[PDB]
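Following the PDB entry, chain A shows residues 50-356, 367-617, 693-962, kept in their order. All ligand and atom numbering here is 1-based and tracks the order in the structure.
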Amino acid sequence: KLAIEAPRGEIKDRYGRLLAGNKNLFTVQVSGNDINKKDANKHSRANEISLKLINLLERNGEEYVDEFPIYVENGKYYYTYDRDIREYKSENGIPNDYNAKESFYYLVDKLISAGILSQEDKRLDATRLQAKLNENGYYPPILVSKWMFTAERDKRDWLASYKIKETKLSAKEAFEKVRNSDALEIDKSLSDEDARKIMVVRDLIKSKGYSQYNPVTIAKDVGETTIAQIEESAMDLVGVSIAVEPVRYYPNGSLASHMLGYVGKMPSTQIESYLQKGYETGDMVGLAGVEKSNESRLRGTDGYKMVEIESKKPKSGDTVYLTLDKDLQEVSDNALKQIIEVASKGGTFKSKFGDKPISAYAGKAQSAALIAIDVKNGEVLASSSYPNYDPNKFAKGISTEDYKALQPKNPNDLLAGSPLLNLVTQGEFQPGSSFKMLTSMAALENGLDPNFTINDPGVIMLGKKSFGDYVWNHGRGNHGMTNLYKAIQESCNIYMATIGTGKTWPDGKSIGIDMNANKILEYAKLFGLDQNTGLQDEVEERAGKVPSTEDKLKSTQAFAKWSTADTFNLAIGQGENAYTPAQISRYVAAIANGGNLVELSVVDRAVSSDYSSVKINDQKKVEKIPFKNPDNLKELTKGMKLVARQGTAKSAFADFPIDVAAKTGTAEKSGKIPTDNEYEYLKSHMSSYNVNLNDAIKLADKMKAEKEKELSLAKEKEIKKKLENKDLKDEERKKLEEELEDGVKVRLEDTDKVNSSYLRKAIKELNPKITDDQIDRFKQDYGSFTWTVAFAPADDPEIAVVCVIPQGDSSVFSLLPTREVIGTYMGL
Ligand SMILES: *C(=O)[C@@H](NC(=O)/C(=N/O)c1nsc(N)n1)[C@@H]1NC(C(=O)O)=C(CC2=CCN([C@@H]3CCNC3)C2=O)CS1
Ligand SMILES: [Zn+2]
């Protein structure tokens, strides 16, 4: 009884346009039984056919399967296992010296700094943490049980075959012991160059099947020349034949890359998982997006063949329809490619609705994210991340150059350089001035009269720390006489400060409406901003659960009131808590749809072989936000309409056919993006700081030793005070006593963090004038972004659009995408 693999199902748009599909290639297959067949001859024709075959392909310039885990880089023998380990570490700036356990938790500490995982995620069973990494699209090739790398277990087990119980480490030596193993029996009168072409084919065939099975593939795509060449020379090359094997293709390439996902090799760290699930070794599996989400559905139903006699025919995978409109997704992808392009070296944003001039460097931004949802039912109509990818690079499965060289980037700033990262579900950001409608919604529900106005000072002093409108921080801060509508309209932080705190702050604290942070954070929770969006079981979503009330207490003690200055920040978007575009989308959508919390969906329907369908996304929860008076939202949209026509977004929308509600979020630079190596950065610019390098190293090294001496002593003094405890168990004391004899040598960590902390210290001593800014002068700018959130047509809404350009500074950058995606939707 032999398994047949079903044709993989198709992924289509809401209207039936193909996004993921199949296409047939011509493959070379070798039957390991037939080539190793022996009878009267002393030796199998296996080795000769392997050589013949290859030499044929290398003549036709044809790419072949090479998984043989010893390669020669310019006459030097090396393990591929050994190479993949260090390639992984350098992939995300991990120190080579770092072991399996410290290489894993290092990846964790990065993603935790990037907001993808939380601090409570680290204090967590390591398999549940590998699950969280795995769920977000991270696959560290690390077995958490024995704290070792797959490549090592894989090397030991690969050497175990050919009965090499030697374990003596030598790539040059190992190459031989296998070459003349009882199992291979390769003739010695052949050079290790042509003798290695042999092993590629034999070692492959050996690995895939131990129990007799069906053929193995040695070329996945081969041209007309090498087809007819291998049919006519069939009797010469017994075992070698031409089959057809289907492959994954995405005709629109990079379109909806992140929602769609990719198929590729089964991830090394759970091959046993997939083999008990009934998978072959030579098998492609969805590893991201809907491809993985619906792996079981799209994989279809295996049909056996008897052991030719064809018994049970397979059943093709249900066709899965997304909620994405291709037409709109196209505009959304093209939009964001364009803003990043035109923003670099300057240009014009070309728009159906009026092209705009743009000059360079106002952002210096590499990334972008945008989402568009149906506000009634939470169906996602378009979802674009930049950087993105071609799912096709993976169909065949390149796993060295295209994968390594371009699929990650600088690991000390991954949000702006991870093409596999869906910034829309997985990238959290400080919501800027788009939070304001949450603050205003809280104030309204706690009595606020929208028409109440203030003579805007444009700045609030709180002991020579000044919280001011941007219009103040750049001149005289005044929005003159200012009610809620003008506050939302021109984005007055002073108005929001006053309503968020429930008191008139420049002149004491009174107001008479009773509003605090807890009430704002309440209205955060009500708009589902501490909640997963609905996409998490369909695509990669960063979990949105925010720290609990009792979980925040327990880390404080091992107070809980809100400062005025903090409340001020929280009111206007600045805050501990950061949120993803898809999260905001639900929040703005709730304004647009009259106070309903829609659960987002990307998978619409599946359609079986018998052309019947089912609606996957009709379980989705719509839920009446428990507002005191939902008519309060109509004052938000009254505000957000003025933003479009007269406000912060008139540049884009003022001369736009459709009534658009909108709010802009924008934040300026606040520091610098760290390097992958501080220490070397400081060495590279030692001259530029007017400091001798040798001297600075010799001093930094001195300053360290002096901190150690200091730590060492204060250690000795603690052990000795501890030893004066009258009643101390003898084992306890035998430990402390044995430290003082051989130990009392405290050492610093030897990190980039530590060794570079001390070098910067040495620099400032030998240049007593230089500033941190001047030292950090060469680094990229951190802490800037622009949000545009909008919904339309404002007076009877249908669609919400959220757009973010991180490291961007001009709200033009976010507005114009939003404006295209809304324009397109309404059929203009
Ligand atoms: C809302 O987002 C408000 N922003 C801020 O308070 C911040 N200033 O730094 C902030 N919040 S969180 C963080 N890290 N920083 C006000 N609204 C906005 C808006 O809605 O657009 C304005 C900013 C403004 C517009 C144009 N800007 C750049 C300089 C001029 N050309 C580009 C710009 O910063 C006012 S702040
Ligand atoms: Zn103001």
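- Per PDB records, the drug at ligand 1 is named ceftobiprole (bound form).
- Most-contacted chain for ceftobiprole (bound form) in this structure, per the PDB entry: Penicillin-binding protein.
- Other-chain residues and nucleotides with a heavy atom under 4.0 Å from ceftobiprole (bound form) are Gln489, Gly491, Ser492, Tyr529, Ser550, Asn552, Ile706, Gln708, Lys797, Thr798, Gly799, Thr800, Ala801, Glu802, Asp943.
- For ceftobiprole (bound form), the modeled covalent bond goes to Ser492 OG.
- Source organism (PDB entry) for chain A: Clostridioides difficile (strain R20291).
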